[PDB]
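This entry carries mefenamic acid.
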Amino acid sequence: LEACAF
Amino acid sequence: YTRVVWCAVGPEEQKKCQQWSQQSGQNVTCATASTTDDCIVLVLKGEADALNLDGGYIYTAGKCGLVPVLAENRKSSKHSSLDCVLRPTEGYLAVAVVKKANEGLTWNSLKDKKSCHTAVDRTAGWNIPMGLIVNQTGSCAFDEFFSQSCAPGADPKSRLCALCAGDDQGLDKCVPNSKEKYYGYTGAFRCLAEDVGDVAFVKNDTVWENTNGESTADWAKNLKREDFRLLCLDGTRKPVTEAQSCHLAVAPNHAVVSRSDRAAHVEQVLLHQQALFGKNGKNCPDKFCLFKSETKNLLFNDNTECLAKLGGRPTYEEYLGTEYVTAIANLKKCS
Ligand SMILES: *[C@@H]1O[C@H](CO)[C@@H](O[C@@H]2O[C@H](CO)[C@@H](O)[C@H](O)[C@H]2NC(C)=O)[C@H](O)[C@H]1NC(C)=O
Ligand SMILES: *[C@@H]1O[C@H](CO)[C@@H](O[C@@H]2O[C@H](CO)[C@@H](O)[C@H](O)[C@H]2NC(C)=O)[C@H](O)[C@H]1NC(C)=O
Ligand SMILES: Cc1cccc(Nc2ccccc2C(=O)O)c1C
Ligand SMILES: *[C@@H]1O[C@H](CO)[C@@H](O)[C@H](O)[C@H]1NC(C)=O
Ligand SMILES: [Fe+3]
Ligand SMILES: [Zn+2]
Ligand SMILES: [Zn+2]
């Protein structure tokens, strides 16, 4: 539930 | 207006995209990548504008700032005077499908069986059933639950790829694009139909569309719907006519996403492209049909009647809905 995976 | 650059996932989508591009007189052009994740990265870099995504990939793209633009809308169950483009979407039923002749198998005896999934990170093929399984088993070791699987996008030397078949030449085993023989709804269903797996996680429509002559494809042309059963969460098995009372979840329909700064323009172009090439489009079937690909579901699902406007300018969380988002969030804690 946090940041962009890239 | 600008051109819209569509992102095609693998070479068979790239071919369909190139035909669309030619017919649209380059109003749409094509970028291609090997996986949906790589297409999402092209879109984030501004090297492609848009592509249509399963809800699990919408979650990936939405955490990175891309937004839903239009949703697939298939034939409505109930009557509606509303035009397709304005009809609210209804979500599709994620189901677990087995052979009728595999008589002992239920939801409660899936441990150590062989499974066929559309791909890692997709709704019906992965997030819903693995989320349920992690929950029920109280264990994050979902890579050890089934004895072997085909789950495109997993490590190709792992048990989660052991059943994948790759392309014509047996190259690209387990890649999450249509070159993998068992990729996507139709590939995971073929993986069951051929008894490579004991269970396929797909959606209710897949079973109907590939049985009783609804597909002329060679692996499907002779399949009979009566030879399949659904697995219900209560541990019963039902005929595939009972999916409304024996599904794992209701999934949000696949939808087009783009960068937020390009959404309005992507939306306008798409509405015009489907007026030409969509179902009863002015130039379909005569010149090009955006929503056909001989069952292969390339760019869009073949059962799509139109791309529909979304109500409420939803964010990706609004579109996916709070329960689904939380289910994904929980499952991703395992990785
Ligand atoms: C399961 O999916 C099938 C295939 O989409 C649905 O059956 C279709 O329903 C539409 C809308 O009523 C009919 O007009 C089509 O002719 C049907 N297709 C076929 C091949 O029979 C079915 O309704 C879905 N079941 C549930 C519970 O949603
Ligand atoms: C797996 O279980 C988790 C943990 O209970 C579920 O997450 C909850 O979902 C409900 C219903 O939407 C929420 O109100 C809770 O707030 C959530 N709990 C937590 C701890 O985040 C999740 O839905 C389950 N996965 C499924 C059904 O696939
Ligand atoms: C709570 C709830 C119930 C039904 C659908 C949703 N969300 C959706 C929003 C847009 C498109 C589809 C859906 C869906 O789940 O079908 C929600 C949040
Ligand atoms: C391409 O887009 C232009 C600009 O909107 C429009 O005039 C034309 O009708 C479009 N043609 C096709 C074939 O999509
Ligand atoms: Fe899906
Ligand atoms: Zn339900
Ligand atoms: Zn909102």
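Chain naming is simple here: A for the first sequence line, B for the second, and so on down. Chain A residue numbers are taken from the PDB entry; in order, the displayed residues are 681-686. By the PDB entry numbering, chain B shows 342-676, in order. Side chains included, hydrogens not; waters and symmetry mates left out as well; all remaining heavy atoms used. When a ligand or atom number is given, it counts from 1 through the structure's own listing order.
Put simply, copies of mefenamic acid show up as ligand 3.
The chain in largest contact with mefenamic acid bears the name, in the PDB entry, of Lactotransferrin. Every other chain with a heavy atom under 4.0 Å from mefenamic acid is named here: B.
The protein heavy atom nearest to atom 11 (C) of mefenamic acid is B:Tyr660 O, 3.2 Å.
In this PDB entry, the source organism listed for chain B is Bos taurus. When hydrogens are left out, the protein atom nearest atom 15 (O) of mefenamic acid is B:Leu661 O, 4.1 Å; that is the closest non-hydrogen contact.
Grouped by UniProt domain, residues of chain B touching mefenamic acid are mostly found in Transferrin-like 2.
Residue B:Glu659 has at least one heavy-atom neighbour below 4.0 Å for each of these atoms of mefenamic acid: 7 (N), 9 (C). At the shortest separation from atom 18 (C) of mefenamic acid among protein heavy atoms lies B:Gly662 CA, 3.1 Å. Applying a cut-off of 4.0 Å to heavy atoms, one finds the binding site of mefenamic acid to be B:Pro593, B:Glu659, B:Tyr660, B:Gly662, B:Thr663.
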